[PDB]
Each structure stands twice: as C-alpha cells, then as structure tokens.
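Bound state: Histone deacetylase domain-containing protein + citarinostat.
Chain A is the first sequence line, chain B the second, and so forth, proteins listed ahead of strands; every chain is numbered from 1. Just follow the structure's listing: the first ligand is 1, and inside any ligand the first atom is 1. If you're wondering, the header gives X-ray crystallography, 1.8 Å.
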There are 4 protein chains.
Amino acid sequence: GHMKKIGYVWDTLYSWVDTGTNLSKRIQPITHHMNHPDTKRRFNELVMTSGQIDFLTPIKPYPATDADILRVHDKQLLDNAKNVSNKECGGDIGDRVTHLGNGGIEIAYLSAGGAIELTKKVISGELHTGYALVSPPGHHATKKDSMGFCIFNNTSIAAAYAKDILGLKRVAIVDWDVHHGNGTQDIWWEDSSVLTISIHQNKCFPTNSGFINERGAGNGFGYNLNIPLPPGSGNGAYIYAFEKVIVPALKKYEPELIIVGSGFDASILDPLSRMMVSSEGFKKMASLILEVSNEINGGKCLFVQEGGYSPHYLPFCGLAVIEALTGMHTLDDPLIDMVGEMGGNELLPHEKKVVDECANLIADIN
Amino acid sequence: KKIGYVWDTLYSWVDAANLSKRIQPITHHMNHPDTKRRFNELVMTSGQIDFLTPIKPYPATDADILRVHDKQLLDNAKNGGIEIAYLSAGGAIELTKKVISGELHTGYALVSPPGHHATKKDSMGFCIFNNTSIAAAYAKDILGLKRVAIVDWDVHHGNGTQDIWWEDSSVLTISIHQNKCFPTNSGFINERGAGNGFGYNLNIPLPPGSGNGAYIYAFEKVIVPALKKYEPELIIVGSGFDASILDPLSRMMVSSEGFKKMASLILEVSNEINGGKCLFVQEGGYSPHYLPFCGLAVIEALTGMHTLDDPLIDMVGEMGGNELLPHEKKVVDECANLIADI
Amino acid sequence: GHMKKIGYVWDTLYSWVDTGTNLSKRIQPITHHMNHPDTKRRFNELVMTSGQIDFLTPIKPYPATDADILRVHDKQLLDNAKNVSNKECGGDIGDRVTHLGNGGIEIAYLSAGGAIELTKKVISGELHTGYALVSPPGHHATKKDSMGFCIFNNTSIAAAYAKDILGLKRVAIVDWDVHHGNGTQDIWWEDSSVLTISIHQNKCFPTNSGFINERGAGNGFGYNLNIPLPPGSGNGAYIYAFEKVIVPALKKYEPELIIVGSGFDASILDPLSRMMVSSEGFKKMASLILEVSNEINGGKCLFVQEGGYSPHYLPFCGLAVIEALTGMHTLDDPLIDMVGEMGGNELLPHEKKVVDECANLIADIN
Amino acid sequence: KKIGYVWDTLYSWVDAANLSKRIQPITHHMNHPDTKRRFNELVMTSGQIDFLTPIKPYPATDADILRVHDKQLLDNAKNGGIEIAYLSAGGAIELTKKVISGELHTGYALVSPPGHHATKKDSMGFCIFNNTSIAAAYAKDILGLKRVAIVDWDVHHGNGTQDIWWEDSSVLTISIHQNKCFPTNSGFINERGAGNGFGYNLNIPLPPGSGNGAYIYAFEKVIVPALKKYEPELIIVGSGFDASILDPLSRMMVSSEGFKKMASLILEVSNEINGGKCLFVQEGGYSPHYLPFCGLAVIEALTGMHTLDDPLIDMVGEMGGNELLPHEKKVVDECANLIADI
Ligand SMILES: O=C(CCCCCCNC(=O)c1cnc(N(c2ccccc2)c2ccccc2Cl)nc1)NO
Ligand SMILES: O=C(CCCCCCNC(=O)c1cnc(N(c2ccccc2)c2ccccc2Cl)nc1)NO
Ligand SMILES: O=C(CCCCCCNC(=O)c1cnc(N(c2ccccc2)c2ccccc2Cl)nc1)NO
Ligand SMILES: O=C(CCCCCCNC(=O)c1cnc(N(c2ccccc2)c2ccccc2Cl)nc1)NO
Ligand SMILES: [K+]
Ligand SMILES: [K+]
Ligand SMILES: [K+]
Ligand SMILES: [K+]
Ligand SMILES: [K+]
Ligand SMILES: [K+]
Ligand SMILES: [K+]
Ligand SMILES: [K+]
Ligand SMILES: [Zn+2]
Ligand SMILES: [Zn+2]
Ligand SMILES: [Zn+2]
Ligand SMILES: [Zn+2]
C-alpha cells in the first residue's frame, strides 16, 4: 500500500481488570488501588480525544492460546492462573499484590494476544510499527511465577511467538518500565537468541535484582544487560543511557525485531519510582528506538505497555510516544514548562558513572 | 504525660481541568482529605490516642491572620471554606498557647489546610493562611516571646514563611526541601534574609533521590546546631510527609523511621535548650498508603509508645536512600557554613 | 445495501464531562457526584465487551452548530453557556446542579450533534434505527434555561433539524426518562408539528411540572401528553402505559419520525426515582416503539440517551434496549431473577387509573 | 442530660464481579464506609456531639454471640474483619448496659457492620452477627430482663431477628419494611412466630412508594399500640435509613422529618411505659448525600436540640409520599389486627 501504517492495539477488556482485594496491623483498607484501570484508560482516552487515533491503524487483539503461554511459562504457572480465575471471588496469585477477578484470566490471555497480534502484523509488513496498550502487564512474570501485577510475560510470549512461528532467530526486548524486568531476564537467562535489556531505578522493584553483574549464563552470558540508574535520574541520564548503551548494544546484536516494554512509571509524578522523566524524555526514548530499528532491521519494532501509575501525567507521557510513532504532534504536554525546571534534564556524575560501566558490557554482545 | 493532639472533623471537610488542552477531569484531586484523614484514624485505631491529650481548636481571628498577612490576602480569602482556614490556624495557636503555658510539653496539630506557601501577600499551593507563622506571631505578640524558630521539613520550600520573616531576626526560619520542587524558582541557599533578618533564613535544598541518610545528616549537621546557636524560646515544626518514599509530589526517599528520627532530634534539642517547648503542625503529604505510618512514627516519638510496626520497614530498608551520598553531603556541608551568621 | 444497519453514536468526549464543583449548612463535600461519567461509560463499555458492537454501525458525531442550537433555544441561553465554558474553572449554569468544565461547551455541541447525525442517517435510509449514547442530556433544557444537567435539548434540536433541513412535517418525541421532560414540553408547547410525550414519576423532577392537564396551548393544544405514574410503578404500569397510551397516540398522530428520549433512571436501582423498571421492561418499551414505527412510518425511529444513575444496573438496562434494536440477545441480565420477584411487574389499580385518564387525551390528537 | 453515642473509628474500617457474565468490576461498593462515616462526621460538625455522652464500645465475647448464634456461624466467621464484628455487637451491648443501669436515659449506637439479617445459623446481607438480638439476649440473660422489644425500621426485612426469637415470646420482634425488597421471599404478615412465640413476631410489609404518611400511620396504629400491649422492659430499635427517598436499595420516600417523628414516637411511648429505656442501633442505609441528615434528625430527637436544617426539606416535601394512600393504609390496618394476639 501507499499509506503510513502505525498500529494501535486496545480493547475495552483491558480496562476491566479487577484490582480489588490487614486489620491486625492497622492497615486501613484502600478503595482505589495502585493499579486501578483509570490510569491506562486515561491514556487510551487521550489517544482518542487528541486526534492521534486518526493517524493510527486499530488492531483487534485475539486471545493468546495456552500453547503461546507455555512457550515461556511453566504449566504450573498457567494451572495456578486458571485455578484462581475460576474462584467465585477470584483471588491473589503469585505474590501479595497480583490479583485476578473471577474470569480475569481472559484479560491476561487477551493482553498477551495483543502483543502477539502487533508482532505478527509488524513482521509481516502490514504495519511499520505500533503500540499495544495492553493490561495486565508482563515483565515480572518469570518461568515459574506471576508477580508484580503480571500474570503472563507479554513481551516474552511475543518474542517466543516471533521465533517459533514467524522464523526469527534474534529478538531484543528493551524494557524501560522503571522497575526491573526480572521475569524477562529469567525467561531468556540462558538464551542468546533474545537480548534482554532493562533500564530501571536501582533496587526499586524487585529490591533484590536488576544489578549490573546479572548478565545471563551459559549460551546466554552477555545477552542480558541491566542499567540500574540512581533515584532522581531524569531525561539526562535516560537519554544518555539510550545513546551510550542501549542503541550501541542493539546495533551490535542486530536483532530482527525490537520489542519495547513501555512503562511510564519513570515519570516525574509516578508514586512507584523516584525518577524524573518527562514526556519529552519518553518521546526521545521512543524516537531513538525507531531510528536504530530503521537503521538495522528496516523498522521492525513495536511497543507494549508495562507499568505506570500517574493518572494526571501518564496519558501525556504515553501520547508523546504515540506522537513519536505517528509523526503528528497534535497536542502539547501541559506540564512541560513546570516539569522542565525541576531538575533531571542534566546528566549527573553518579548517573554517568553507572551508564559508562554498563557501556563496558557491549563488548560481550555478539 | 501531656502530649497534645489537635484534630477537628472539619479539617477533613476541605472541598483545573481544561478541555481544549485535552486535560481530562480528575475526580479524586491531589489534596483530597483522605490522606490526612487516614493519619487521624490511625492515631485512633493504633491506641496512640490513649497517650495523647485532645486539644479543641478554636477559630483564629482576623487580627491573628493580620499579624503576618496583608488585608488584601484576607479580603481575597473572604471574597464558605474560609471557616476551615480559620480553624486550622486556630489549632496551631491553641497548641502554641498550651505548650508555652506549661499545660502541655509538646504535641501535634493535625490541621488542614496547610500553610507554609502563604506569603504576606498571597495564598498559594493549597495554603490559605500561614499557620505556623500565625502561631509564631501569636507567641511573640501576645505571649511575649522574643525568639521563635520555625523548622519546615515538608518536602517543598516554605516560601511563604521565608517571605513573612524575611527582614526579621526574631523568627529563625529553616526549610529543608527538595531543590527546585515547589515553587520551582525558590529555596536556594543564597536566600538568607535581608536587613536585620540577614542570616536568619536558612534553606537546605537537597537533591532529588535523597533519603534518610541525607535528611538525618542535615538535621544533625545543620538544623540542630543552628537551633542551639539561635536559642529559640519556642520551636514550631512545619511537619509535612511528602518527602516519603511513596509521595507523588517529590522524589525523596524518607521512611517512617526517618521521620521518627527527625522528630526525635527536634524534641531532644528542645528538651536541652528551651524546656522542650516545641510543637508540630501538619503541612503537606499525599500518600494515602504510607503517610499515616509516617505521621504515627512522629506521634510515637512524642509519646514514647511504640504500639505498631511500619508494614514497609523491610521493603524500603532495601531500596536505598539510607546511605549519605557525596552530592548530598556537599549540599549539607555548604548549608552548615551558614550557621556562623546566626 | 443488503446489511441490517443499526447505528451506534458514541464519542470518548461524552465521558469527559466535568461533574465537579455548602459548609455553613454542614453539607459535607461529595467527591463522586451523582452525574459522574462512570454510569454511562459502563454502558458504552458493556456494548463493547458484550459483543453487541459487532452488530452495530458506529456513527461518528459531529458538533452541532450555533444555528442548530438557536432553532430551539434563546441566544441568551447559548451566550450563557459560552460564557461559563470560557471561565478558567468553568462553573454552574442555569440552576444549582448543572455544571460546565472549562471548555465543556464542546461536549454539549457534540452531544446535540450526535443526535443530529443519527437523525440524518435514519431519515436518509442509511440506517434503519439506532442509539445515540450522548452526554450531557437534554430534556430539561427549555427555550430559555439550561437545567437538570442539561445544557441543550438534544432531542428537540434533532427534531427541529429534521423539520427545517430534512423536510419533515410531523415528529414525535417520546421521553421515558423517569423525570419530566419539561424542556421539550416548553419548546414545542404551542406547536402541533412536534408531538411531545413524557412518561415519568409524578412530582419527581421538576417537582412542579409533568401533570396530566399540561396539554399545550394554541395550535399546540392536545399535542403534549404527560403520563405521571405513581412512585413504585414498574414493568406492569410502564408496559400498560405504552400499550394503552403511547402506541395509540403515535398511531393517531402519524409522525414521520419518532425520537425517543431514553433514560434508565426508572430502573429499580436508580437513586433518583422510586420506580421499579427492569431490563426486561426497557426491552419491551423499546420493542413497542420499534414495532409501531415499522407500522406507521417504515421504522423511522431512534433513541437518544437521557438520564440514569445506577452504575451496577444501567449498563444492563441500556444493553437490553440495544439488543432489542439488533435482534441479537448475547448476554443475560444477571439481576433478572432477583429484581423480578421484588414487585412492579403487576399493574396496580392506582397505576391503571392514571394511565386510563391519560388514554382519554388521545381523542384530541389529530 | 444523658444521651449516649457509640462510635469507634474501626466501624469505618470495614473492608462479586464476574467477567464471563460481563459484570464490570465496581470500585466503590454498595456498603462502602463513607455513608455511615458521613453520619458520624455530621454528628460532630453540627455540634450535636456537645449534647451527647460518648460511649466507648468493647468487644463482644464469643459467649455474647453464642447466646443467639450457633457455633457453626461463629466458626464460619472466624475461619481479620471479625474484630469489627465483635466491636459492633459490643457497642450495642455497651449502650444496653448503660441504659438499663440508669447511667444513660437513651442513646444511639452508630455501629458497623449491621446485624438484622444474621439468623441463628447464617450471616448474610452485610450482617455477620445480629447486634440487636445479641444486646437483647444480654439484657435478658445477664441483666435479668423478662421482656424485650426489637423494633426494626431498616427498609429491609429483619429475617435474622425474626428467626432468632421465632419460638420466644420474651422478645417481641417487629419489622417494618418494603414488601419483598430483601430478602425477596420473607417478611409477610403471616410470619407470626411459632409455639410459645406465636403472636410475638409482627411484620409490616409496606408497598413500594410508601413515604412519611404510611410510616407514621404504621407507627401510630400498629407499632406503638403493640408496644403498649407487650409492655417491654427495654426497647431496642434497629435504625436503618435505607427507607429514605434517595436510597438506591429501596423504593420508599421517608424524609429526615419522617425518621425524626418515628424516633419521637418510640421515645414517647418508652417514656410512658418503661421509664424511657430505649436505644437505637444502626442498621442499613446507602445514600451518602441524605443518610447523614436522616441520622442527625434521629439524634436531634434524642437530644432535643435542633441545630441544623435538612437542606432537602422543601424538595422532598413536594415529592409526595406524605399522603397516606388507600393501598398503604389497608396493609397497616391488616397488621393492626395482629395486636390482639400480643
Ligand atoms: O509497575 C510495576 C509494579 C510492580 C509491583 C509493585 C508493587 C506495588 N505495591 C502495592 O501496590 C501495594 C503493596 N502493599 C500495600 N499495602 C501493604 C503493605 C505491606 C503489608 C500489607 C499491606 C497497603 C495496603 C493498604 C494500605 C496501606 C498499605 Cl502500605 N499496598 C499497595 N512493575 O513494573
Ligand atoms: O505539599 C505541597 C503542595 C503545594 C502545591 C503543589 C502543586 C500541586 N499541583 C496540583 O495538584 C495539580 C496541578 N495541575 C494539575 N493539572 C493541570 C496541569 C497543567 C495545566 C492544567 C491542569 C491537571 C488537572 C487535571 C488532570 C490532569 C492534570 Cl495534569 N493537576 C494537579 N506544598 O508544601
Ligand atoms: O436525570 C435527570 C436529573 C435531573 C437533575 C436532578 C438533580 C439531582 N440533584 C443532585 O445531583 C444534587 C442536588 N443537591 C445536592 N446537595 C445539596 C442539596 C441541597 C442544598 C445544597 C446541596 C448535596 C451536596 C452534597 C452533599 C449532600 C447534598 Cl444533599 N446534591 C446533589 N433528569 O432527567
Ligand atoms: O441494608 C441491607 C442490605 C442487605 C443486602 C442487600 C444486597 C445488596 N446487594 C449488593 O450489594 C450487590 C449484589 N450484587 C452485585 N452485582 C452482581 C449481581 C448479580 C450477579 C453478580 C454480581 C454486581 C457486582 C459488580 C457490578 C455490578 C453488579 Cl450488578 N452488586 C452489588 N439490609 O438491611
Ligand atoms: K538473554
Ligand atoms: K525496566
Ligand atoms: K527570618
Ligand atoms: K520545607
Ligand atoms: K407539542
Ligand atoms: K420522561
Ligand atoms: K419473638
Ligand atoms: K425492617
Ligand atoms: Zn513498573
Ligand atoms: Zn509539601
Ligand atoms: Zn432523568
Ligand atoms: Zn437495610
């Protein structure tokens, strides 16, 4: 065709996750929980009211199959999710914060399936790139456990699909959610065929992983790369890490597909991090990935929603990425003049030191 | 025996979107009363209330407000939520009266709306009247005190308090805050007062990402020695909890144990230099999950009764902020050089 | 064409109304206001997740023009709405409960425009019928005043459009929101070219109108018909009123178009009425209108959202109407077995008496 | 002088969607604590608290619960919100103790969770333990009373209370409710007790749409003469406000003035026949806007202090329900024939 085609995966069901649920400890009940669907729903609704949807190609998600999940997760993980989802009131699963409503496994299948649908249509050439605004998120789900709001690891399920079904030999997952993608790291730990990169706040969540000396094992040694930035890092540190480490690592690896785990909890207003990224930072991060993807594999890249918890500001951070994909700047970030003066734009010595240490790991990528 | 606690149901009755900019309306606004209400409710369900002396607030008068604010500010406020603003400032006065008189040793005034951004001329940043400056002016003008210290550990800069006492050495104003957080263009170390007040305003603008390590170091290296140097007859703490590791309106990493130690250091120096005449007045804070435990930790520092554990203690202890970083210590040491002019 | 075409008008902006805002009276502030967008948004989202959207033809609304509004409202009403919408914080307008956010007049134009778009496509034959899930509502807006959450009178603006632009000579507006359509009654009070029918709880809102002896004036005498049912009426009274009064009145009048003002606040769970209609009642009401429309004007009818305040049950009441239009029963009402035993299904003597008095007014319709 | 008021912060700390049925999750559930919390807060900001005697609740014991409930119910409840259920029943006991002893004349226990649907065997309808039946059993077994009356004007049928005292004439159980509202299959006039209890359960199932007219007529024609006939030594009122004109869980039209008159009629007959020994225990109610004014109206009936107007008085006065309709009066007159067997 002769149309610029940027895919957008959304489904009302992604906003229907049951995020509902100690007195002895005098922990008073919360009604509006941290992972409430409002935050990501406001992002979807801004895509629509900003007019960006007029430049996007809506892509209907279809459920991932059990076989799609079993490519990267244990049968026990899947059996546990089916069991909890079948309970009359649903329940928690994996850890103390991850919850399934009754029947909620359907949304988890559809979230993974949305990442697969975007992957299929990008690899086929039907779409140049796109954004999958899926819920629930994925990157903390390991081979063995759901956790951290993540039932199934959507980006890893997409990468395995691209490998097994679409013939790809090298995939890179670049995770810029502010928390460590420990699930993705675990799944591909011993596998050089998926380069796994996580940039995150050092020791944020999980508090015990994401360190720079977690580099893979066996055939996978050197094919996991963690960038654990200090609290308070903003656009300066993030853009420097993308230009000094992530882009050069991708060029060295030559992935046939780049899957971005796109969270916005590194934003300056997110409660679940101390990072200071603005919408302008996220726009640049997205643009750097699109550019290096065009350079090394003909633009085969796509973005899949992970975390983010600011209902005020996440919609504008997500829109900035969308506008980087469409080339259409239709709406201004209304916080930019206040957030820009708050700090984070300048690269600090301690931030630069971490990134430069991470840069030394690129030599072991082949 | 006598720790005062100022609360009133009306403090929880406090009552910007733009469609052309596609800013979708928010139902639950940032300063919603739930967060401070959950603090009060934890004071009761924890049993801490059994060690506190409840203190009824009474409305501050127009003359109370006009000791520090211009008529134009008060007329703007009048031209019916002003009732709660009066009662908030009135609660700070009530606690101040009862500490100075000797009825109470110390106490906490969980008031709303907050105060430290209100300057002589303008209300701003959720603040109608400057509660702590109104209580200090009352202590000076009605109760006869010559020197008051206001120590503001809300994570934002106390620009209102700085402005009110800018040219006045009879109120030492100290603000520790995240550099450039709010307001974005104030709170720098070179803002030191003017005239007779030169040297009697002290800003500690810590970098984003600072935690217990930087905060405790700042208190032991700067704030406590500044207080010893100044010899205040009363210490009023502007106690916000928005430096907490979960607060959306800052990037700092203070834990409930950090706020406890911060309160302890103030009580300890007060006990040593002015008979323990100190009190704590609520400023900001926006984490419904975590602010109640930060506030309780300060209460427990006043009552000496540890009745409840912070459920996050193991979590945040592994997240960092507890080590003093070199960039943090350099800012603090710079500020410490300013004490020689007090 | 050879496709069954049932239109569905929705726009994200309809869920963006600012429903935000006394201490002396010790009236404690409410955070989640009565007219919060959640209720009607849950109806839109159930249209999507129930699969009903697959049988619907999405119709994009376009803004009504000032001229469309000025066909039925005073210039002062429109000037007031523009003034309030322009204020930095918006403000109340008309009465003490009707609120505009900053820029909120755009949603009011788009709500009226959605009713116009459905009217155009039904009259043209592009659609057989359809449902416009617009917000804000319309039926309390008079010639002179916005009120009762209603900025502009959407169904009257649509009827006037159909008359002035599309050539129609007779239109009927049938209003089954549980409150009296006093705005619609006022606009067409002296006009026999729009038959205005309101069925509502007697004395609910406005408390001082909706009575059976309000029948129009002048050329309009006998061309306004109020059915003020007693509190506690349910399916029995409503279906009887539709079969004994509303359907015969429409047959006598022979409208070229039937516009339904479709509220669901007569439902058994709505806080703003004491009525007991179930989803099955609303399904029958819709079906009776579709049937009489097919009999007398070739199916030229359409439904436009008015009120409703139960987030639990309004989605299932609205879906029941949607399913009556599509012919596709894809989802069960999960309350039907409990609501059905609660009363309201039986026609009571006092309910029948009111309806029969209303039936005597049909003789004056020509 | 002595009107008791039972409240505890924990009563406001009380902590169904199905995706295959496309029932979208609800965040703010029907029994959210805001509604009853707003009632408590209006008691304070209205100044009514200044005329009340605060009464601290204490936990009801297992033996308190087992006077009316089976072990299987209590074991199901145990197998940590049960703490609040204990404290709710305990608050009803505390008020009962203090009324019977003479320390207080009357009072209101604003407890949560509610109680009247809990039968001997099963918790249900938001009710864990039957608070009013636990207080009546305490009054009988511990305090020696021979006759108790429980008058339940929550809009739903008190099936739990009916079940507990079904075969017992020593507790006269009266429920006025919307016919077939909840549970949908109980509350009919032919449910009159069994055995020694035959004639000592009295249901008044009013039709949907009933308002002040039917409710006041029912109280003057049935409930008050039933109480005079029975001569209770204590009157316990199960006070719900879900018959209010704005409640989503009923179709009745009672206003705040209707609840005031209802409370007044009970206090008046109590003052005449058992020394005023009556008390009021919170049951249901779901209108955050209007329930606080309905509850305050009952408080004002106990204290005799009208400090605040109902902001809806003019609105609802024009909405009807105030006239007694023929279908309503026929139900009431039918129920009145049942008094001859008390
Ligand atoms: O974006 C992501 C997200 C990864 C997962 C991050 C985990 C987020 N934690 C929560 O939501 C959370 C965890 N505990 C709690 N309470 C809690 C904490 C400790 C013990 C018991 C409860 C809590 C609950 C109610 C009130 C107050 C509190 Cl303290 N409340 C919320 N990954 O990429
Ligand atoms: O603790 C303290 C606090 C002092 C005060 C700090 C300022 C707090 N700002 C807000 O609450 C605030 C400011 N704008 C906004 N929106 C906003 C931003 C830019 C333009 C227009 C509106 C906003 C509103 C609705 C939805 C989304 C957004 Cl973005 N929303 C919230 N001092 O000690
Ligand atoms: O569907 C429709 C809807 C027609 C319009 C129906 C009007 C609906 N009234 C409200 O929303 C409303 C009206 N007053 C009030 N408070 C109120 C009542 C009287 C005086 C002052 C305020 C109120 C506010 C907060 C807390 C408690 C209360 Cl009492 N609170 C809500 N038409 O078809
Ligand atoms: O005051 C009293 C009260 C006594 C108890 C009366 C019963 C109260 N029912 C509920 O709260 C209730 C019951 N089901 C439901 N959903 C429901 C209905 C049918 C099937 C499954 C769920 C529901 C849940 C979420 C969203 C939408 C819906 Cl429809 N949602 C709420 N007694 O004195
Ligand atoms: K790997
Ligand atoms: K990451
Ligand atoms: K000074
Ligand atoms: K400060
Ligand atoms: K007419
Ligand atoms: K109507
Ligand atoms: K009995
Ligand atoms: K009852
Ligand atoms: Zn994250
Ligand atoms: Zn602050
Ligand atoms: Zn209505
Ligand atoms: Zn009830």
Give the place of citarinostat in the structure, all copies included.
ligands 1, 2, 3 and 4
Mind listing the other chains that have a heavy atom within less than 4.0 Å of citarinostat (ligand 3)?
C, D
Test of understanding: given a 4.0 Å heavy-atom threshold, classify the contact between C:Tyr309 and citarinostat (ligand 3) as side chain, backbone, both, or neither.
side chain
If you measure from each heavy atom of C:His99 to citarinostat (ligand 3), is any distance below 4.0 Å?
no
Which of the other ligands and ions shown lie less than 4.0 Å away from citarinostat (ligand 3)?
ligand 15 (zinc ion)
Any atom of citarinostat (ligand 3) sitting under 4.0 Å from a heavy atom of C:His139?
yes
Side chain or backbone of D:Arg38 under 4.0 Å from citarinostat (ligand 3), or both, or neither, by non-hydrogen atoms?
side chain
Backbone, side chain, both or neither: what part of C:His140 comes under 4.0 angstrom of citarinostat (ligand 3), heavy atoms only?
side chain
Applying a 4.0 Å heavy-atom criterion (strictly less than), which segment of D:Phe293 is in contact with citarinostat (ligand 3): side chain, backbone, both, or neither?
neither
Check contact between C:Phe205 and citarinostat (ligand 3), using heavy atoms of the residue and a distance below 4.0 angstrom.
yes
Using heavy-atom distances, let me know which of D:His289, C:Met34, D:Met315 sits nearest atom 31 (C) of citarinostat (ligand 3).
D:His289
Heavy atom of C:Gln28, distance to citarinostat (ligand 3) below 4.0 Å
yes
Where's the contact between C:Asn35 and citarinostat (ligand 3), heavy-atom distance under 4.0 Å: side chain, backbone, both or neither?
neither
Structural part of C:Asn22 in contact with citarinostat (ligand 3), heavy atom criterion under 4.0 angstrom
neither
Working on a figure here: which residues of other chains come under 4.0 Å of citarinostat (ligand 3) (heavy-atom distance)?
C:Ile27, C:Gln28, C:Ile30, C:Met34, C:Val97, C:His139, C:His140, C:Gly148, C:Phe149, C:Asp177, C:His179, C:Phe205, C:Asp265, C:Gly307, C:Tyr309, D:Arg38, D:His289, D:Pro311, D:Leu312, D:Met315
